[PDB]
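Caption: PDB structure containing daraxonrasib.
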Amino acid sequence: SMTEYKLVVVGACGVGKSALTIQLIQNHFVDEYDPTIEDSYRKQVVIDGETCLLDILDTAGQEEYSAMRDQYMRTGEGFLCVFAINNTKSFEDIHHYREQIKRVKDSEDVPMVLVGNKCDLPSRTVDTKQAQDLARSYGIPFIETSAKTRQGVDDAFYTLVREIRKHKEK
Amino acid sequence: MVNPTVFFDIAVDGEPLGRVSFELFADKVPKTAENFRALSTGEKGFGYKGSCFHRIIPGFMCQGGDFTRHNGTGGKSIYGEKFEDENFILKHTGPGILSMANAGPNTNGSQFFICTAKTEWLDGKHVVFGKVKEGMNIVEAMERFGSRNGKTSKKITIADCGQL
Ligand SMILES: CCn1c(-c2cc(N3CCN(C)CC3)cnc2[C@H](C)OC)c2c3cc(ccc31)-c1csc(n1)C[C@H](NC(=O)[C@H]1C[C@@H]1C)C(=O)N1CCC[C@H](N1)C(=O)OCC(C)(C)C2
Ligand SMILES: Nc1nc2c(ncn2[C@@H]2O[C@H](COP(=O)(O)OP(=O)(O)NP(=O)(O)O)[C@@H](O)[C@H]2O)c(=O)[nH]1
Ligand SMILES: [Mg+2]
């Protein structure tokens with residue numbers, strides 16, 4: 001039937017992985033903090049004139065359990081690597097996340113999008129140029145988002161689907 | 001100075017399951033023990049009665065205590081919304097340990113968890129303040145309604161609670 005795409009959302013605690021996913025799926029935002037154990041969602045979307053089915057894994061940012069990420073990185077087809085533009089440490093964690101995905105996939109070519117979230121907030125500490133440069137060095141797209149305003153939310157997930165498509169048909 | 005004892009009467013979709021009692025380690029963590037005691041009696045005008053166990057993960061723990069939002073994000077202490085980690089003297093040594101949930105350092109409120117296994121990696125991060133006295137098998141019975149990510153399949157509530 002329609003193609004299913006297995007997306008996985010990763011990044012440090014509090015960057016907004018869940019807020020982005022719930023905005024995509026349920027069209028709302030609450031400012032409450034419900035730290036994730038692990039959640040799965042489904043949504044069908046039209047991308048480039050074709051319907052497809054998104055299967056989204058929303059993961060925990062807990063550093064304590066970093067050695068338990070391997071099984072979901074094996075099954076996931078593409079990864080949203082999320083940091084918050086007002087949290088420099090979350091941006092520095094990105095390298096460690098991408099490196100872990102590369103090791104588990106044993107590939108330097110894994111579908112991935114770098115996401116700079118919370119772009120509605122003032123006092124940004126990670127500059128857009130600094131993030132675009134890093135994504136350029138990885139060869140992956142970079143998108144700035146706000147789960148609060150919905151800015152870029154659809155674009156982030158749709159772009160990741162396009163990356164997975166290109167990889168499968170390569 | 002005898003450590004105080006409190007009880008929860010647990011219900012499953014409104015039907016009684018049984019009573020769990022806890023010893024609260026006021027000898028070692030008086031501020032944390034007193035918070036849980038007062039929340040169990042409801043004497044401040046709020047507390048655990050009627051709240052649910054929102055996260056139950058078989059093999060690990062049963063977590064509850066969000067009586068302000070009933071969604072796993074809320075709760076408050078008798079000292080304010082949050083209070084500091086009192087100490088980490090006591091460890092998560094096995095089933096029955098009663099310990100504070102938190103969202104990082106110095107964020108204790110009202111949420112708590114009861115261990116169904118030894119959870120040593122939580123030592124130094126969550127304040128242990130009590131243990132199950134009677135009714136550990138009720139806590140074990142609550143695991144029947146949990147899941148891998150903690151979502152419960154029935155409404156597990158504290159139908160009544162108080163001090164013994
Ligand atoms: C990797 C998957 N995972 C796992 C995990 C870990 C293992 N191990 C096997 C090997 N051993 C040696 C190490 C561990 C196995 N299987 C799983 C689960 C079943 O795989 C799905 C956990 C976990 C916890 C969080 C996120 C992901 C997580 C998390 C996310 S917020 C959190 N912790 C802390 C939590 N704050 C809150 O609620 C805040 C909002 C309130 C105020 C909190 O105070 N408490 C109390 C203590 C227990 C904790 N909740 C909790 O629920 O722990 C779940 C547990 C299963 C115990 C650990
Ligand atoms: N202003 C603003 N706040 C946001 C945004 N995205 C998330 N938040 C807020 O940041 C906090 C953390 O969001 P959350 O989605 O739970 O982060 P997470 O990455 O899923 N955390 P965890 O790894 O613990 O599950 C919440 O209070 C949420 O409302 C955003 O784009 N803008
Ligand atoms: Mg989350």
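In the text below, chain A, chain B and the rest are named by the order of the sequence lines, each starting its count at 1. Looking at the header, which is where the method is noted, we find X-ray crystallography, 1.4 Å. When reading the values below, keep in mind they use all heavy atoms of this one structure, side chains included, and skip hydrogens, waters and symmetry mates. Counting starts at 1 for both ligands and their atoms, following the listed order.
Within this structure, daraxonrasib can be identified as ligand 1.
In this structure the chain with most contacts to daraxonrasib is the one UniProt names Peptidyl-prolyl cis-trans isomerase A, N-terminally processed. Other chains with one or more heavy atoms under 4.0 Å from any atom of daraxonrasib: A, B. Counting heavy atoms under 4.0 Å, the binding site of daraxonrasib comprises A/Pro35, A/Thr36, A/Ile37, A/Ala60, A/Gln62, A/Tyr65, A/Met68, B/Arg55, B/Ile57, B/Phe60, B/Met61, B/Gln63, B/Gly72, B/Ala101, B/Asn102, B/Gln111, B/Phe113, B/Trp121, B/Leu122, B/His126, B/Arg148.
Protein heavy atom in closest approach to atom 46 (C) of daraxonrasib: B/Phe113 CD2, 3.3 Å. Ranking the protein heavy atoms by distance from atom 22 (C) of daraxonrasib puts A/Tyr65 CZ, 3.7 Å first. Ranking the protein heavy atoms by distance from atom 50 (N) of daraxonrasib puts B/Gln63 OE1, 3.0 Å first.
Nearest protein heavy-atom neighbour of atom 16 (N) of daraxonrasib: A/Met68 CE, 3.7 Å. Other ligands and ions closer than 4.0 Å to daraxonrasib, by number and name, are absent. Where the criterion is an N or O separation shorter than 3.5 Å, residue side chain and backbone included, B/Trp121 fails it with respect to daraxonrasib. Looking at atom 25 (C) of daraxonrasib, its nearest protein heavy atom turns out to be A/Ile37 CD1, 3.5 Å.
Contact atoms of daraxonrasib toward B/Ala101: 43 (C), 44 (O) (distance under 4.0 Å to a heavy atom of the residue). Close approach of daraxonrasib to B/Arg55 (heavy-atom distance below 4.0 Å) involves ligand atoms 35 (C), 37 (C), 38 (O), 50 (N), 52 (O). Ranking the protein heavy atoms by distance from atom 44 (O) of daraxonrasib puts B/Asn102 N, 2.9 Å first.
As recorded in the PDB, the name for chain A is GTPase KRas.
Most residues contacting daraxonrasib in chain B map to the UniProt domain PPIase cyclophilin-type.
Distances from atom 39 (C) of daraxonrasib to the protein include at least one heavy-atom value under 4.0 Å. When only non-hydrogen protein atoms are considered, atom 53 (O) of daraxonrasib lies nearest to B/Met61 SD, 4.2 Å.
The PDB records the source of chain B as Homo sapiens.
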Daraxonrasib N/O to protein N/O, distances under 3.5 Å:
{"from": "daraxonrasib", "atom 1": "36 (N)", "to": "B/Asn102", "atom 2": "O", "distance (Å)": "2.9"}
{"from": "daraxonrasib", "atom 1": "38 (O)", "to": "B/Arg55", "atom 2": "NH1", "distance (Å)": "2.9"}
{"from": "daraxonrasib", "atom 1": "38 (O)", "to": "B/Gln63", "atom 2": "NE2", "distance (Å)": "3.0"}
{"from": "daraxonrasib", "atom 1": "44 (O)", "to": "B/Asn102", "atom 2": "N", "distance (Å)": "2.9"}
{"from": "daraxonrasib", "atom 1": "44 (O)", "to": "B/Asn102", "atom 2": "O", "distance (Å)": "3.3"}
{"from": "daraxonrasib", "atom 1": "45 (N)", "to": "B/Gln63", "atom 2": "OE1", "distance (Å)": "3.3"}
{"from": "daraxonrasib", "atom 1": "50 (N)", "to": "B/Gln63", "atom 2": "OE1", "distance (Å)": "3.0"}

